[PDB]
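Co-structure: diclofenac and Vitamin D3 dihydroxylase.
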Amino acid sequence: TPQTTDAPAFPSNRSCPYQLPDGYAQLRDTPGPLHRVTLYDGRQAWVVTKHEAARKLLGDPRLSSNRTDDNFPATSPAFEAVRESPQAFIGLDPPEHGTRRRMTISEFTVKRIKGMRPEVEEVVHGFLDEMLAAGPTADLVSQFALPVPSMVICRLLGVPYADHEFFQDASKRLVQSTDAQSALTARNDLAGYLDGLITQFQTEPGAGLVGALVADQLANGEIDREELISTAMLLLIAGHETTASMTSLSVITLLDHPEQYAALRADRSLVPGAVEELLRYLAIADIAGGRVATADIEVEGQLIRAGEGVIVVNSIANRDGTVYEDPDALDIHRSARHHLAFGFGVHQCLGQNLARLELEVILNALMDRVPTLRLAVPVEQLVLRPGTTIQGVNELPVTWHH
Ligand code: HEM
Ligand SMILES: N#C/C(=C1/SC[C@@H](c2ccccc2Cl)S1)n1ccnc1
Ligand SMILES: O=C(O)Cc1ccccc1Nc1c(Cl)cccc1Cl
């Protein structure tokens with residue numbers, strides 16, 4: 001008996017770090033902006049598979065980001081960890097979203113990010129010093145890809161780096177969590193740590209965004225103590241995990257396209273455009289597109305009903321051939337403009353300027369300090385994270401000329 005389905009299972013896992021899963025490429029090819037899918041618990045939902053329609057729906061206020069809504073398209077049991085506690089502004093709609101987000105934007109401006117350039121370079125070259133002095137073979141993730149953005153975001157947040165082993169482990173346990181209880185345990189571990197950090201700042205006013213939020217908004221009752229915890233946790237995990245994944249996958253991808261890597265090294269003028277193309281191509285946050293319709297939405301003849309879950313899959317939208325000619329080809333020289341790796345609209349990634357800065361610095365540093373860098377194993381031996389979480393590899397064995 002045939003098993004062809006109208007709503008295939010979603011999400012799907014990558015088999016190649018920089019290629020869509022086979023199922024996603026099928027969704028990309030099927031005409032129309034929408035397609036039905038079956039989530040892990042049997043409920044059906046819509047997935048958006050085209051670029052301009054993704055922009056349109058991301059800007060549509062009728063698609064809500066409220067993750068506490070019972071009809072929100074949860075794609076894994078671990079998603080329950082964020083549903084039970086107060087929502088950081090990633091899970092808020094206007095006007096609450098803007099009031100909370102504006103409490104944090106000062107630390108992510110173009111002026112502040114450019115101001116952080118010397119300390120980002122210092123942290124990058126510091127962890128490179130330690131890795132190269134230790135010699136190959138090293139795991140690029142635990143020795144460079146993860147600690148670099150961890151240290152940077154901690155200094156931005158005011159989180160003491162001396163506790164890094166604790167909250168890096170709690171962050172990883174949440175990222176890789178495959179059940180609800182494990183995710184909630186790792187989340188409460190972070191919540192308990194951040195709550196004590198708040199009390200510490202109330203005794204002794206401190207630096208970083210968390211200290212600012214404690215001294216001002218919390219003391220004026222304009223943010224709840226548990227919203228501060230959720231917001232700080234969002235920035236902490238995002239600061240750690242997204243950049244680390246872009247680093248490891250950019251290294252894997254660039255080494256599989258050695259002509260473009262050598263061209264990139266020969267001209268650092270190309271690093272900014274190469275970073276945009278890597279963001280479009282790798283789209284490591286393609287699971288973070290969930291929305292729920294609060295009213296009927298008709299999309300090019302197809303009707304989204306109120307109460308239906310919608311998932312804007314930015315990896316698929318970033319492979320729209322009508323926007324990026326030959327979209328499945330990595331081209332660091334192409335115009336990667338208007339890609340959706342960071343989203344679009346009111347929720348577009350607050351840390352996008354920081355991720356762009358860190359990746360540029362990291363890529364330039366790897367080409368300067370370790371040009372003989374190469375993988376210590378075939379990419380087929382690398383272990384990919386599933387489509388239910390942030391795209392990445394659990395470890396990246398690398399070697400170089402000692
Ligand atoms: C290459 C790295 C990153 C990628 C690919 C990425 C991707 C995304 C995407 C697709 C969204 C949209 C979520 C939605 O529409 O529901 C988002 C939002 C967000 N990201 Fe990132 N992100 C990255 C790095 C970071 C970093 C380093 C931070 C540090 C704080 C961060 C913090 C946030 C926040 C706070 C939001 C929510 C903004 C809002 O709701 O107004 N991200 N990100
Ligand atoms: N990547 C990423 C990222 C995420 S927030 C929501 C996360 C998520 C949503 C739904 C299901 C599973 C997961 Cl894990 S993924 N982020 C955070 C800041 N900027 C980007
Ligand atoms: O979304 C959040 O509030 C925290 C956060 C920040 C960065 C990356 C992921 C997550 N959340 C998250 C995690 Cl770490 C695991 C499973 C499901 C979710 Cl929603």
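All residue numbers refer to positions in the sequence shown, counting from 1. Whatever order the structure lists ligands and atoms in, that order sets their numbers, starting from 1. Computation of the quantities below employed the complete heavy-atom set of this structure, encompassing side-chain atoms and omitting hydrogens, waters and symmetry-equivalent molecules.
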(message) I'm trying to find diclofenac in this model - which chains or ligands should I check?
(response)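 All copies: ligand 3.
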(request) State the atoms of diclofenac, each with its element, that fall below the 4.0 Å cut-off from a heavy-atom position in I390. (result)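 Answer for diclofenac: 8 (C).
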(message) Using a plain distance cutoff, I'd like to know if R67 has any nitrogen or oxygen under 3.5 Å from a nitrogen or oxygen of diclofenac.
(response) yes
(request) Can you pull out the closest protein heavy atom to atom 10 (C) of diclofenac? Residue, atom name and distance to 0.1 Å, please. (result)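 Checking every protein heavy atom, the shortest distance to atom 10 (C) of diclofenac gives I237 CG2, 4.4 Å.
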(request) For atom 5 (C) of diclofenac, find the nearest protein heavy atom and state the residue, atom name and distance (0.1 Å precision). (result) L234 CD1, 4.0 Å
(request) Report the source organism for chain A from the entry. (result) Streptomyces griseolus
(request) Quick one: look up the protein heavy atom nearest atom 15 (C) of diclofenac and list residue, atom name and how far away it is. (result) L174 O, 3.2 Å
(request) Look at atom 18 (C) of diclofenac and say which protein heavy atom is nearest, naming residue and atom and giving the distance to 0.1 Å. (result)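 Looking at atom 18 (C) of diclofenac, the protein heavy atom closest to it is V82 CG1, 4.0 Å.
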